[PDB]
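Along the sequence shown, the residues carry numbers beginning at 1. Whatever order the structure lists them in is the order used to number ligands and atoms, beginning at 1. The figures here come from the full heavy-atom set of this structure, side chains too, leaving out hydrogens, waters and symmetry mates. According to its header, the structure was obtained by X-ray crystallography, 2.7 Å.
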Amino acid sequence: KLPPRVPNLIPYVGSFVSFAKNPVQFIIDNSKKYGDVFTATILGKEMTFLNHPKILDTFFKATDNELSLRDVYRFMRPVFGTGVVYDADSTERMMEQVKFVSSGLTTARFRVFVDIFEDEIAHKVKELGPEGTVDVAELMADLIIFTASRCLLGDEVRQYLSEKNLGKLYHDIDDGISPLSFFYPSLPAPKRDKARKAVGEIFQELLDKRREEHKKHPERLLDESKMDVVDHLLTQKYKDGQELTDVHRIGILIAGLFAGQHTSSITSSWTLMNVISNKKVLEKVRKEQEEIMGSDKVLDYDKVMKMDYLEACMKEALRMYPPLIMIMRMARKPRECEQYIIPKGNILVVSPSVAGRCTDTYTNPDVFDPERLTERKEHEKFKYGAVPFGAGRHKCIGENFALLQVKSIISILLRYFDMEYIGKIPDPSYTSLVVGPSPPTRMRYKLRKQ
Ligand code: HEM
Ligand SMILES: OC(Cn1cncn1)(Cn1cncn1)c1ccc(F)cc1F
């Protein structure tokens with residue numbers, strides 16, 4: 001047969017409400033009811049949910065003629081741009097773009113990023129003062145609105161991030177992208193579109209400056225450690241010889257910068273928060289920190305490689321708060337899963353949010369406990385037991401940059417500060433397309449060298 005169905009409140013609207021209440025809880029409740037698979041009409045979309053690691057093989061290895069991304073995240077267009085990534089001409093033109101960014105994220109560059117991380121957290125401590133309080137959130141995003149910019153675009157950008165308000169414009173973009181937009185791609189959003197244009201120009205500009213810097217400084221091109229994304233773009237040609245257009249450029253910089261900022265700064269928040277609020281942890285971390293930093297007064301890519309425990313904390317925050325709670329693919333052929341046959345036109349959904357709290361994989365899964373990963377190995381149980389980065393053909397290609405970018409920021413931060421958190425770990429907030437713990441998230445901080 002077809003999968004069971006969430007019986008609807010109404011035709012059309014279907015189950016939008018209890019889904020929208022808590023997207024994840026929804027999927028969990030109904031799993032227990034109707035089993036490993038089940039369909040639910042949500043604002044007129046046929047969304048089948050796959051709900052047990054065992055079965056997620058097919059979802060991830062199917063091809064983009066079988067299971068389309070482009071179909072489903074196409075709505076991102078007004079953000080990224082036209083003919084870009086999910087709105088790109090093809091499966092293969094997307095990939096080719098993806099890789100352009102992922103070339104800005106090489107071992108050579110990573111070494112330079114760690115220096116950038118410092119340079120900025122320095123500039124940042126100034127703004128704070130020896131002690132006070134601050135929304136962790138606001139800070140991660142604010143650190144990360146600066147680091148990434150430089151990491152991918154290069155220090156050239158910083159004069160804009162500073163003088164020209166670029167952060168704010170990012171928010172106008174990034175606060176005009178409801179997850180509703182998925183069900184209504186044409187929901188009018190003028191103030192975003194003004195921002196995305198203003199950005200557009202600047203990103204253009206940027207290239208226009210960067211071109212003259214190649215004429216005046218060609219040697220840059222041979223040196224792997226200044227070859228940022230912008231360059232890779234300015235000096236590459238799709239695999240068939242077709243040139244890239246500045247609008248493909250300007251739009252792929254943003255495609256990245258989007259990928260870069262939010263998911264990370266949210267894991268920066270969720271992780272720290274659980275560390276400075278479990279003393280057995282904040283311990284082990286500072287042991288590792290101090291073992292490693294030794295006589296050194298600043299960070300390096302090798303140090304950060306060795307920050308194993310801390311990574312388990314960030315892994316753990318992802319099992320507790322994966323900021324992409326839902327991975328989606330439209331079906332174009334009909335699909336055989338288990339005994340069922342999911343029909344063409346449906347949308348297939350898989351949740352990390354869920355998979356991280358399944359109970360065969362994880363004991364006391366409401367308990368933040370890096371030892372579940374490092375000693376108990378709970379994530380190795382099933383081959384898709386934990387998937388914060390996705391997997392198969394579309395596995396995140398920022399994984400290592402991410403890990404690098406946070407681990408670095410949290411380390412560097414601890415060093416500077418003794419910090420403690422105020423009241424409980426807030427719950428997730430399901431208001432945005434990237435899911436982060438809910439405001440306010442304040443913490444006391446005071447320094448460590450007079
Ligand atoms: C907490 C940090 C992050 C998490 C949890 C995360 C998660 C994911 C997940 C779950 C997917 C799979 C989407 C799918 O299969 O449908 C993905 C794909 C992707 N990610 Fe990330 N990511 C993170 C950071 C980054 C960063 C920092 C960048 C770039 C700077 C990035 C760039 C991308 C790109 C380009 C893909 C495309 C894969 C494809 O071609 O479909 N990610 N990520
Ligand atoms: O996959 C995302 C967008 N997305 C997927 N579901 C909901 N939003 C996020 N992402 C994952 N890692 C980093 N960002 C992405 C993929 C590529 C990209 F260029 C932007 C972008 F948001």
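- Considering fluconazole, levcromakalim, hydroxyfasudil, tiratricol, vortioxetine, the one found at ligand 2 is fluconazole.
- Of all chains here, the one making more contacts with fluconazole (ligand 2) than any other appears in the PDB entry as CYP51, sterol 14alpha-demethylase.
- In this structure, residues within 4.0 Å of fluconazole (ligand 2) (heavy atoms) are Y73, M76, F80, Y86, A255, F258, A259, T263, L324, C396.
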